[PDB]
Protein chains: 2
Amino acid sequence: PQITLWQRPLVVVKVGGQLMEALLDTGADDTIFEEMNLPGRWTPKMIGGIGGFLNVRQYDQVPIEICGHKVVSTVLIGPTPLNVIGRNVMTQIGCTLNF
Amino acid sequence: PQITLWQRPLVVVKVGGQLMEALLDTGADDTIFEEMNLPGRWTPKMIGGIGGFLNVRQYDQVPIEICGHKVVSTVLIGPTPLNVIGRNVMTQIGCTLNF
Ligand SMILES: CC(C)CN(C[C@@H](O)[C@H](Cc1ccccc1)NC(=O)O[C@H]1CO[C@H]2OCC[C@H]21)S(=O)(=O)c1ccc(N)cc1
C-alpha cells in the first residue's frame with residue numbers, strides 16, 4: 001500500500017525464523033539488521049554512513065518476509081541502531097517513491 | 001513523479017544559493033548536507049547514524065528547492081558522505097512510499 005512519511009516507515013519483517021521491526025529505507029543500498037543468528041557461512045563487509053563505520057557480516061540468499069511478500073536477499077548483520085530494509089529488498093517488492 | 005529504487009534516488013537541490021545533489025532518504029528523520037556555508041545562527045546537534053554519534057550544526061528555516069517545490073526547512077550541516085533529504089523535507093513536498 002501507500003505509506004506517508006509523517007512518521008518513520010517501520011514494517012514488520014520475518015527473518016529468517018525470527019520477527020523484527022525495520023525501517024523502509026530508500027537511502028540504504030543494502031539491508032542491515034542488529035546482531036542475530038543467521039545460519040551458515042558469511043563474508044566480512046565494511047560499510048559506512050553517518051557518524052562513522054561498522055564491520056558487518058554478509059549473508060547471501062536469506063529468506064525475508066515483508067508484509068505479504070517473500071523474497072530471498074543479501075542481509076548484513078552488524079551494529080546498527082535500527083534495522084534497515086535497503087533498496088536491494090525494496091526493488092524486489094516493487095517499492096517506489098512518489099510525489 | 002514516481003521513482004524506482006534500482007538506482008539511488010538522487011535529486012538536484014538548491015540550498016543556500018548553491019546547487020548540489022542529494023538522496024531522497026526515507027530512513028532519515030532529518031535533512032543533512034556536507035559542510036557548506038549557511039548564513040546566520042545555528043545550534044549544535046547530536047546525530048547518530050549507522051556509525052554515529054556525531055557533531056552537526058542545525059540551521060532552522062533554510063530555503064530548499066527540490067523538483068520544482070520550494071520549502072523552508074531545518075537543515076543540518078556536518079560531515080556526511082552523501083547529502084541526505086530527510087522526512088522533514090519529504091513530507092512537505094508530499095513524498096510517499098508505494099508497493
Ligand atoms: C546516511 C545514508 C547516506 C546511509 N544510511 C541510511 C540512512 O537512511 C540512515 C539510516 C539510519 C536510521 C537511523 C539510525 C541509523 C541509521 N539514516 C540516517 O543517518 O538519518 C540521520 C538523519 O536523520 C536522523 O534519523 C535517524 C538517524 C538520523 S546508513 O544507514 O548509514 C547506511 C550506510 C551504508 C550502507 N551500506 C547502508 C546504510
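Naming: A, B, ... by sequence-line order, numbering from 1 per chain. Each ligand, and each atom within it, is numbered from 1 in the order the structure gives. The way this entry was determined, per its header, is X-ray crystallography, 2.0 Å.
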Binding partner of ligand 1 (most contacts, the PDB entry):
Pol polyprotein
Drug identity at ligand 1:
darunavir
Under a 4.0 Å cut-off, which other chains come into heavy-atom contact with darunavir?
A, B
What makes up the binding site of darunavir if contacts are defined by heavy atoms under 4.0 Å?
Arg8(A), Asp25(A), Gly27(A), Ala28(A), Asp30(A), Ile47(A), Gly48(A), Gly49(A), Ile50(A), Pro81(A), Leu82(A), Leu23(B), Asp25(B), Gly27(B), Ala28(B), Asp29(B), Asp30(B), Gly48(B), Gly49(B), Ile50(B), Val84(B)
Residue, atom name and distance, where the atom is the protein heavy atom closest to atom 16 (C) of darunavir
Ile50(B) N, 3.7 Å
Starting from atom 28 (C) of darunavir, which protein heavy atom do you reach first, and at what distance in Å?
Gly48(B) O, 3.9 Å
Does any N or O of darunavir fall below 3.5 Å from an N or O anywhere on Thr80(A), backbone included?
no
What is the closest protein heavy atom to atom 18 (C) of darunavir, and at what distance does it sit?
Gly27(B) O, 4.0 Å
Shortest protein contact, atom 3 (C) of darunavir (heavy atom only):
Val84(B) CG2, 3.8 Å
How far is atom 31 (O) of darunavir from its nearest protein heavy atom, and which residue and atom is that?
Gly49(A) CA, 3.2 Å
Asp29(A) versus darunavir: do any nitrogen or oxygen atoms come within less than 3.5 Å of each other?
no
Considering non-hydrogen atoms of the protein only, which is the closest contact for atom 35 (C) of darunavir, and what is the distance?
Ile47(A) CD1, 4.0 Å
Atom 13 (C) of darunavir - nearest protein heavy atom and its distance:
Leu82(A) CD2, 3.4 Å
Numbered atoms of darunavir (with element) below 4.0 Å of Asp30(A), judged on heavy atoms:
36 (N)
What protein heavy atom sits nearest atom 6 (C) of darunavir, and how far off is it?
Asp25(A) OD2, 3.4 Å
If we count only non-hydrogen protein atoms and require a distance under 4.0 Å, does atom 10 (C) of darunavir qualify as touching the protein?
yes
